[PDB]
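Pictured: Cytochrome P450 2C9, co-complexed with losartan.
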Amino acid sequence: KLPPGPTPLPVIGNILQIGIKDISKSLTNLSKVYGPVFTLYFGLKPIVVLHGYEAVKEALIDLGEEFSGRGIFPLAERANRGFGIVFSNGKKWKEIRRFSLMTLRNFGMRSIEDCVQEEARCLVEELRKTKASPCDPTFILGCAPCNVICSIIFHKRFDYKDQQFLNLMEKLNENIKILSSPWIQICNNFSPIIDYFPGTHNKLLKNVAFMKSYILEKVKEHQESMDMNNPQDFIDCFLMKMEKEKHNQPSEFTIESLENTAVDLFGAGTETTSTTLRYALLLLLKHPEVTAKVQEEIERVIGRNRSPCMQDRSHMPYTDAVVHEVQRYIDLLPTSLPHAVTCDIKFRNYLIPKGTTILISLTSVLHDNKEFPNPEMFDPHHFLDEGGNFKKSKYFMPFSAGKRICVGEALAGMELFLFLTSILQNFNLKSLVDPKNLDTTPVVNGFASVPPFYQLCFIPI
Ligand code: HEM
Ligand SMILES: CCCCc1nc(Cl)c(CO)n1Cc1ccc(-c2ccccc2-c2nn[nH]n2)cc1
């Protein structure tokens, strides 16, 4: 029956072995005793944990349908985000996920690459407006992805210093901070707390309600300026599918599921790329040896004149490896989002019940020691053959794997490559703190490995 694991005390669960400051380390430590597959108690919730590449693959690729559910911790239950993609399950999941994926496979035409590449030219124009005086790249580096997303969801685009984008951005930023908070790790060993005590959980819920409301403005006002014969973004295409569905009659595609899908994409797309850029620049300040080898390639292959394009990546194996190494090293979502099993499933001779939540240690894979010697070192040679050519890796899965893999895997692949090479063709990065001195350590890591405060100067070439 349920796999091995430390015996959980009767209310607190296994909180005293896993702790609250650093879940993914503890999960790594417990695995060194209970093994690849074991069982924790977050209060009274059993959580099967999966550790090796071999255990993670077998579960998500090989029993892919049985592990393709979405485990719901509570905060998400009260946030009220079950319709649409991230937090939904079952049929509603599959219908909306295939639709959403289908409608992102194409933008009007304008290709998504043209959308990104233009946004990289607006980012460069705002790194120009800092007049090389030292800044915190947080709100600039967030506005680039956010714009790309806003263009896809509802067409519009924010001015980089628009006061309305600035709320949304810090609210997204604050929410991820809070979700990685120790206090939120106490809120999951005691789900009643969430409804009776005064803390940061209550603000996260406020902020979530805000974006939800904001998106719903946009979605109402899209319904009127309708025009079947002519839609021009995601929200329109979704409303068209709502009309193409009267045969189905009982929903699948409500406004409520639109409202939600739009906010899943808008938050996930902004904050996760945003955070990844921010840390990239942070790792480039820390390793100027690398930042140079990258800027050589850019000057050699792309000029200093024309926009970089995605065709450039195959002739830039250093820059391709650096971009991979950032995502591997930083380990943005150490334990992915939690899965759940859809039916009862016998797995590695154990038999887990329908519902049982599952954690994928993605750190366990990204920071594998065989596949990646000295995994805790940021080294772009982790992704380069002896020749000096890019080597792919089955162990590079920051977007997860299986049937619930990142819906935006490819869009994000582009946003990183194009925004980073656009910055580094036009700017030298001056750290205003000795590289020997700044630490690159996440300041918290519950949900997400969020980076430290830093500043830098964007000095043109
Ligand atoms: C570096 C950038 C990104 C990273 C590292 C990332 C990572 C992830 C991860 C780990 C998941 C968990 C999926 C799972 O295992 O269940 C996920 C899900 C998701 N990501 Fe991304 N993501 C990124 C960018 C984006 C972008 C740009 C979008 C744009 C829509 C996006 C949309 C989603 C959505 C909708 C899900 C829900 C997955 C599902 O339920 O099917 N992500 N992402
Ligand atoms: C649990 C609280 C309710 C869910 C929720 N509604 C909204 Cl709106 C947000 C954004 O702050 N959130 C939080 C949220 C955090 C991460 C994600 C996410 C999902 C898939 C892939 C990446 C991310 C992500 N976004 N930012 N960091 N990680 C989505 C929503």
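Counting from 1, the numbers follow the sequence of the chain as shown. Counting starts at 1 for both ligands and their atoms, in listed order. The way this entry was determined, per its header, is X-ray crystallography, 3.1 Å. Hydrogens, waters and symmetry mates play no part in the numbers below; they use all other heavy atoms, side chains included.
- All instances of losartan are found at ligand 2.
- Taxonomically, the PDB assigns the source of chain A to Homo sapiens.
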